[PDB]
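Shown next, in structure tokens, is the structure this report addresses.
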Protein chains: 2
Amino acid sequence: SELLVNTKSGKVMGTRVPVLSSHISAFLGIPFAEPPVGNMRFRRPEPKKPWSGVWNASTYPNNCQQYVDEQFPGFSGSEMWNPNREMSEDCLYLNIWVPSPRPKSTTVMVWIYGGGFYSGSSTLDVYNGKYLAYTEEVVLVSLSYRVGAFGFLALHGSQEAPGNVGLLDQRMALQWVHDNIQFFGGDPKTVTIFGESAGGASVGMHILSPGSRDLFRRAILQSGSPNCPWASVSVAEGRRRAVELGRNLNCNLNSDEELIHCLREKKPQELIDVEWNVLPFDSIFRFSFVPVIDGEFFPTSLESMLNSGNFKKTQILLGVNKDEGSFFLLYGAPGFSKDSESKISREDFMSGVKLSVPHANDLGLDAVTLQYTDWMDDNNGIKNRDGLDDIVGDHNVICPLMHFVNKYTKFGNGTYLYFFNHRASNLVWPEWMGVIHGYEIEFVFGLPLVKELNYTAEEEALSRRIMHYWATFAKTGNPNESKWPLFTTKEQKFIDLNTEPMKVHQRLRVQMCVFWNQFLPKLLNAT
Amino acid sequence: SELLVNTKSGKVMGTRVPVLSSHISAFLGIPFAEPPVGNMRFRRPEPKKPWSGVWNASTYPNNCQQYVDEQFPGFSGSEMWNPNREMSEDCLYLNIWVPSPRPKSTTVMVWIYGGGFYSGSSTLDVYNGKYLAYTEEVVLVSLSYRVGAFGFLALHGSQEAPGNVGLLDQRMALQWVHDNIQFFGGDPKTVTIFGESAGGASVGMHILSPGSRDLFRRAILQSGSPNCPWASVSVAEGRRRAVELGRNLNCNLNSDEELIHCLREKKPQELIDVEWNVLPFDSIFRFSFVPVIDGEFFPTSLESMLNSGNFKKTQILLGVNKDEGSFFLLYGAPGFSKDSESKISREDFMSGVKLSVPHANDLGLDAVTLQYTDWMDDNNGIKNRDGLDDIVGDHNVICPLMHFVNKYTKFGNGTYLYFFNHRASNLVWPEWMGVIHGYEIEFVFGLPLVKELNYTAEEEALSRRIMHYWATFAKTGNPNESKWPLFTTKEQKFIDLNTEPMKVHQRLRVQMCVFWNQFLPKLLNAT
Ligand SMILES: CC[N+](C)(C)c1cccc(O)c1
Ligand SMILES: CC[N+](C)(C)c1cccc(O)c1
């Protein structure tokens, strides 16, 4: 039977799932590690003990314990990102969509969900690999990793809570794909890892971590790069936030051992209830428990690794959305509200930039303000709104990503850069938010093909084109079967991804990224 | 006789001069002080001892000793600015153009020549007051002042060379106009002082100096404001450059007395030969001997005087030319040459900005570069050229002027701001130089009315309009008899001055002046 698969971990029984006018196989909820519960909480993952009998892989698994967005109760714009299955510490599982008839050796695509390292679920509707698997004849794998304190609490030096274990969770699943995907028709030598936002940063981190580079071949990074200001913290900072977390739960802070012991006694929600109280600054687009630059997973600073070529050389496909900052302003900047146009006052703007660049001194804030302010119309509410959107997007996603691609492309084997600037027609988020962070995803996963979701015809076409670009790139290292140009350090070409005839541009937001990548950093160091 | 005038200094005999199809009276070369020669060199001017008999005022006087521009031998673009009469330390004289029949009590206009405080002559052809006097029925006065070391050498504390004596020379002539212009048909209570570049700065300085404010009523500032980075130095700097000058002439530097004594023995050209060797930096748009903030002429810092309203409140008419920097780049920046298009390399640009902002640290230079560089086309030679033009103009003329008008307009009685962006049709300077510093002058003085100079018809009209605007403003404090709007701190309106139908704009080069007036200064102070 096509739904019975034998693996090195045990036999697995999938389920047949309807897709468009056909069907495909799905192996949902395969364990790839031992449940990280009890005294395993905060520990590196353990390979899953082989099992006996058939593992029922017909239904989605639990989602990892995470902060649930309740900012807009019942609103689909935000609930669609929330856990849609019971939450549990026992959440290290993977899901596989396999073409029918089962392929012999086809391209494997491994999806790594984003969500600021504090949230994320592999079971979301927008992450349903069946349309992609089915349409592009790829084996689609979606993994899960521990988020929040559970996956990123870091007490560097201790082995009970070393930090980065959520990154190790990904590694482990990658390890399991490497070792068992051939039994599902997939070629373990043509495994493309792809993710968005924290998923995209995760991808880039796997590219940099020596212990991960051999587990996959190609990488796709969506609105995320490993050097994003929010993707990692120092081990000192990781430690400070861990103590602070303990402080918030009235933990003995006399030793790591006492601290960790206290944190393992706490119920999951207790850690989640106080998770946001350990940020060091009042800010937006900053998450509490993220990857730490520990000297293990990451041998040295990401920047020295990027400068010295210390990373896996391969082909990479990456890009950004036009309005990456909008979502974060909405949830944490004053003056923004879902149901208004969010025209922003100069007073609100100034406080907005302060939240956006939390580490800057006043001079830094002044440099940002000068750079993003139209001084010929500094009271324009639309312009202040939009300028703020760009500030948040440019600094947190686009410029860090642009720095990454420029460092990467010096040593890599092929860089393909996109700019997704298409606003879905059926978007429920206010128009001012633009082409929102995370909204390329439904296009990558082919949601626009299911008519009942009401996308336009042109949007179906764009999805098909993006899916084909992504699958083709995973298969051969080149998106192309007009042409999506190679990104080179000299020409810096990139393409637009929208319902209009693709256009080729150069130097994505140069002016601003020179400001964020070269000038601001120099400013803050000088002062 | 209409050419014989009796004054409190003695009788003066003018000459009848043809003007267009008529004539007017001219009193050329009236002494307004004792010749500042011999041991008077560097000293404050002395009122001219009354004379007996008729003073022959039929021919232009000598020009003050000054650096002669020999950079383009025989080229009129630059020779027209050079002394056109014997040069002499005996150069404190004034010239008066009076309508015929001699008026009874008309508006007086006193022209103060610019030239970086190192050069300048009242006798230039472009400064011929006959067309203005004649056309607008104003009494036109042109004065002279000591330039270079002779008028601005400053050994603060010494009385032999106190500094600012070239400013006192202007004051003295203003004093003489005050006291004797009624005998020429002029109203000493409706004296408008106007000047360009260093002349414009001089005007603004007279507005600030307590000892000068009562000598005139209204002021016109052309491409110059008292707070320009090159218009004054500290007394310490004034002292350092004086010693350095002495050092260059092998003067005893043991005391001011010895130093000054040595400098008075030197022949004029000896001081001029080494004048540029005392600048402290490699730079453009910086002159050696300029006004010093001494505590006398200028009670406190210009900025505290500007902030506290410590200045004469009246009506002011001021403005800038579109390409104020072009002239200086041509003479001191690498890559610029008269006969080429001066496309500028990124290497030359970078060295250009360094010459332009001599006091900035590398971070400052980076801030300037970031601000004026099109990073989407950073190798464009035209763009680098033009960007440099703007850098020099914005920093030395336009933004200091904009800061002045904004401080002034808080306390003054009427600010009128123009932007002269008309390139004369018969200009001999290369096209890339644009609307060059100093080229509004021929329009203000009505040269375009003399057909043999070959201006266009539209240029005749523009001259007439500018002359009428200037004369009308001097007469009533308002340029208007469409309308040249009042400049207000809230609306910041200004007008264009060109052969096209005047247009009203707002906030002249805001973006850049916030950079020069607020951000850069904050940057350099922080660092
Ligand atoms: C846009 C929503 N999504 C779940 C993808 C999300 C949430 C938090 C941070 C992110 O960067 C992205
Ligand atoms: C443009 C020529 N002109 C004599 C007016 C001149 C010379 C030196 C410095 C100036 O600002 C202006």
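The order of the sequence lines fixes the chain letters, beginning with A. Throughout, chain A uses the PDB entry numbering, with the displayed residues spanning 4-484, 490-535 in order. Shown for chain B, in order and in the PDB entry numbering: 4-484, 490-535. Each ligand, and each atom within it, is numbered from 1 in the order the structure gives. Determination method: X-ray crystallography, 2.4 Å.
Notes: drug at ligand 2 recorded as edrophonium. Here the macromolecule with the greatest number of atom pairs within 4.5 Å of edrophonium (ligand 2) is listed in the PDB entry as acetylcholinesterase. For edrophonium (ligand 2), the other chains with a heavy atom below 4.0 Å are labelled B. Applying a heavy-atom cut-off of 4.0 Å to edrophonium (ligand 2) picks out B:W84, B:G118, B:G119, B:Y121, B:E199, B:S200, B:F331, B:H440.
Close contacts of edrophonium (ligand 2) with B:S200, meaning ligand atoms under 4.0 Å from a residue heavy atom, involve 10 (C), 11 (O), 12 (C). Lab note: nearest UniProt active-site residue of chain B to edrophonium (ligand 2), heavy atoms, 1 Å precision, B:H440, 2 Å. Counting protein heavy atoms only, atom 9 (C) of edrophonium (ligand 2) is closest to B:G119 N, 3.5 Å. Shortest contact from atom 7 (C) of edrophonium (ligand 2) to any protein heavy atom: B:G118 CA, 3.7 Å. Annotation: B:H440 places an N or O atom under 3.5 Å from an N or O atom of edrophonium (ligand 2); distance criterion only.
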At less than 3.5 Å, what protein N or O atoms come close to the N or O atoms of edrophonium (ligand 2)? Include the distances to 0.1 Å.
{"residue": "edrophonium (ligand 2)", "atom": "11 (O)", "partner": "B:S200", "partner atom": "OG", "Å": "3.4"}
{"residue": "edrophonium (ligand 2)", "atom": "11 (O)", "partner": "B:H440", "partner atom": "NE2", "Å": "2.4"}

